[PDB]
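Complex: PF-3758309 / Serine/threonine-protein kinase PAK 4.
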Amino acid sequence: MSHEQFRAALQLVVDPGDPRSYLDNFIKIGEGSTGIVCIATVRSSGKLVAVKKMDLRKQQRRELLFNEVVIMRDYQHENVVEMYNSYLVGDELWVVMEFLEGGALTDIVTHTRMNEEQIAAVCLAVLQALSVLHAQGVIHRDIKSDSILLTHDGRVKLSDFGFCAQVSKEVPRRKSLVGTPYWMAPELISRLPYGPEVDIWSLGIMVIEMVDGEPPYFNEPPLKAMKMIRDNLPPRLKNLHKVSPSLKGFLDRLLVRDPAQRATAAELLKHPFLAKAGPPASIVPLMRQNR
Ligand SMILES: Cc1nc(Nc2n[nH]c3c2CN(C(=O)N[C@H](CN(C)C)c2ccccc2)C3(C)C)c2sccc2n1
């Protein structure tokens with residue numbers, strides 16, 4: 001999708017006008033791969049929202065950015081980040097979304113050591129989001145700690161649907177090589193027709209992140225790690241004994257090369273390990289401003 005097609009397509013789906021007519025005090029607080037993030041106040045309520053600003057020109061695979069707004073608009077799930085509106089301002093796409101104070105899960109996995117109560121909490125939240133998404137034919141395709149955001153009270157939400165896809169009876173499988181190298185499913189790296197199961201394998205890699213602090217082969221070049229995930233046996237935990245038999249069995253249902261034998265999200269929700277999931281409050285102590 002080209003710069004012109006991207007803008008033309010967006011004009012048909014975005015909300016009309018400029019959000020500056022109702023949002024005040026824009027302050028940049030960060031960035032992402034496709035743009036920046038500002039916080040702003042809803043003039044009428046004083047409520048805080050996050051605004052993602054993305055240049056229409058300086059982008060890659062704009063079609064995926066377009067699907068992210070089309071597919072995820074009107075989407076509502078307690079474990080999925082909320083999108084309120086979208087607008088075209090100048091040569092930029094502005095997406096007004098929910099502001100989550102807890103930050104991403106990556107900050108936590110690289111600065112502390114989560115316990116099985118915390119991990120099961122994140123897994124349960126992500127799995128609740130995936131079971132609903134997959135049932136509707138939506139595949140996230142970029143599951144990793146960076147894509148998990150936390151609320152101030154410790155609630156877990158799936159974010160960054162920039163690589164998502166929608167499969168249907170018409171087209172039941174995808175073949176695009178998308179995501180982040182270290183978290184990509186083997187059948188996906190292999191360019192084979194794949195389905196929702198790719199998210200389950202990625203989640204498995206995210207579990208290794210929560211346990212060891214990084215995904216497998218993180219010390220290897222991205223293309224090299226991909227070959228190893230694609231051709232070698234499932235990656236293993238360095239701290240294999242640091243986990244309970246419950247978590248080992250859980251992880252063994254995610255990291256299965258043959259997607260047909262890999263567990264689905266709906267099934268995993270019934271897995272024993274998740275019974276150890278603590279409450280939202282158990283996650284709070286992990287956050288930076290609380291460490
Ligand atoms: C920047 C930032 N955002 C925070 N919280 C948020 N609330 N709502 C959102 C965020 C970050 N968001 C987001 O989309 N980030 C991604 C990146 N991934 C890694 C999370 C992104 C941004 C721009 C372009 C592509 C991708 C949304 C949902 C708006 C928070 S909390 C404490 C510090 C902090 N710093």
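In what follows, residues are counted from 1 in the order of the sequence shown. What's counted below: heavy atoms across the whole structure, side chains too, no hydrogens, waters or symmetry copies. In each ligand, atom 1 is the first atom listed, and ligand 1 is the first ligand listed.
Nearest protein heavy-atom neighbour of atom 19 (C) of PF-3758309: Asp146 O, 3.2 Å. For PF-3758309, the main contacting UniProt domain of chain A is Protein kinase. When each atom of PF-3758309 is checked for a heavy atom of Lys52 under 4.0 Å away, the hits are 14 (O), 22 (C), 23 (C), 24 (C), 25 (C). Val37 CG2, 3.4 Å is the protein heavy atom nearest to atom 22 (C) of PF-3758309. In terms of polar-atom proximity, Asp160 is counted as a contact of PF-3758309, with an N or O under 3.5 Å from an N or O of the ligand.
UniProt lists residues of chain A as binding ATP; of these, a heavy atom within 4.0 Å of PF-3758309 is found for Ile29, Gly30, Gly32, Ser33, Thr34, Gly35, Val37, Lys52, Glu98, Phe99, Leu100, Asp160.
Closest to atom 8 (N) of PF-3758309 by heavy atom, among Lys28, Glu98, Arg288, is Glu98. Distance from atom 29 (C) of PF-3758309 to its nearest protein heavy atom, with residue and atom name: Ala50 CB, 3.7 Å.
Atom 17 (C) of PF-3758309 is flagged as protein-proximal [any protein heavy atom, distance under 4.0 Å]. When heavy-atom distances to PF-3758309 are checked against a 4.0 Å cut-off, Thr34 comes that close through both its backbone and its side chain. At the shortest separation from atom 35 (N) of PF-3758309 among protein heavy atoms lies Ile29 CD1, 3.9 Å. Here is the list of PF-3758309 atoms found below 4.0 Å of a heavy atom in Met97: 28 (C), 29 (C).
Remark: distances from the non-hydrogen atoms of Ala104 to PF-3758309 are all 4.0 Å or more. Those atoms of PF-3758309 with a heavy atom of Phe99 less than 4.0 angstrom away are 5 (N), 7 (N), 8 (N). Of the protein's non-hydrogen atoms, the one nearest atom 1 (C) of PF-3758309 is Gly30 CA, 3.6 Å. Near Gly103, the atoms of PF-3758309 lying under 4.0 angstrom from a non-hydrogen atom of the residue are 31 (S). Checked by distance only, PF-3758309 and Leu100 come closer than 3.5 Å through their nitrogen or oxygen atoms.
By minimum heavy-atom distance to 1 Å, the UniProt active-site residue of chain A closest to PF-3758309 is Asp142, 8 Å. Among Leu149, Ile36, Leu65, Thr151, the residue whose heavy atom sits closest to atom 10 (C) of PF-3758309 is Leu149. Of the protein's non-hydrogen atoms, the one nearest atom 32 (C) of PF-3758309 is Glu101 O, 3.7 Å.
In this structure, the binding site of PF-3758309 at 4.0 Å (heavy atoms) is formed by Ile29, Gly30, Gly32, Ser33, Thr34, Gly35, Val37, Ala50, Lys52, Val81, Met97, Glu98, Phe99, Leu100, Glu101, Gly103, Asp146, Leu149, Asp160.
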Pick out the protein N or O atoms lying less than 3.5 Å from any N or O of PF-3758309, and list each pair with its distance.
{"residue": "PF-3758309", "atom": "5 (N)", "partner": "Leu100", "partner atom": "O", "Å": "3.1"}
{"residue": "PF-3758309", "atom": "7 (N)", "partner": "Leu100", "partner atom": "N", "Å": "2.8"}
{"residue": "PF-3758309", "atom": "8 (N)", "partner": "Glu98", "partner atom": "O", "Å": "2.8"}
{"residue": "PF-3758309", "atom": "18 (N)", "partner": "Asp160", "partner atom": "OD2", "Å": "2.7"}

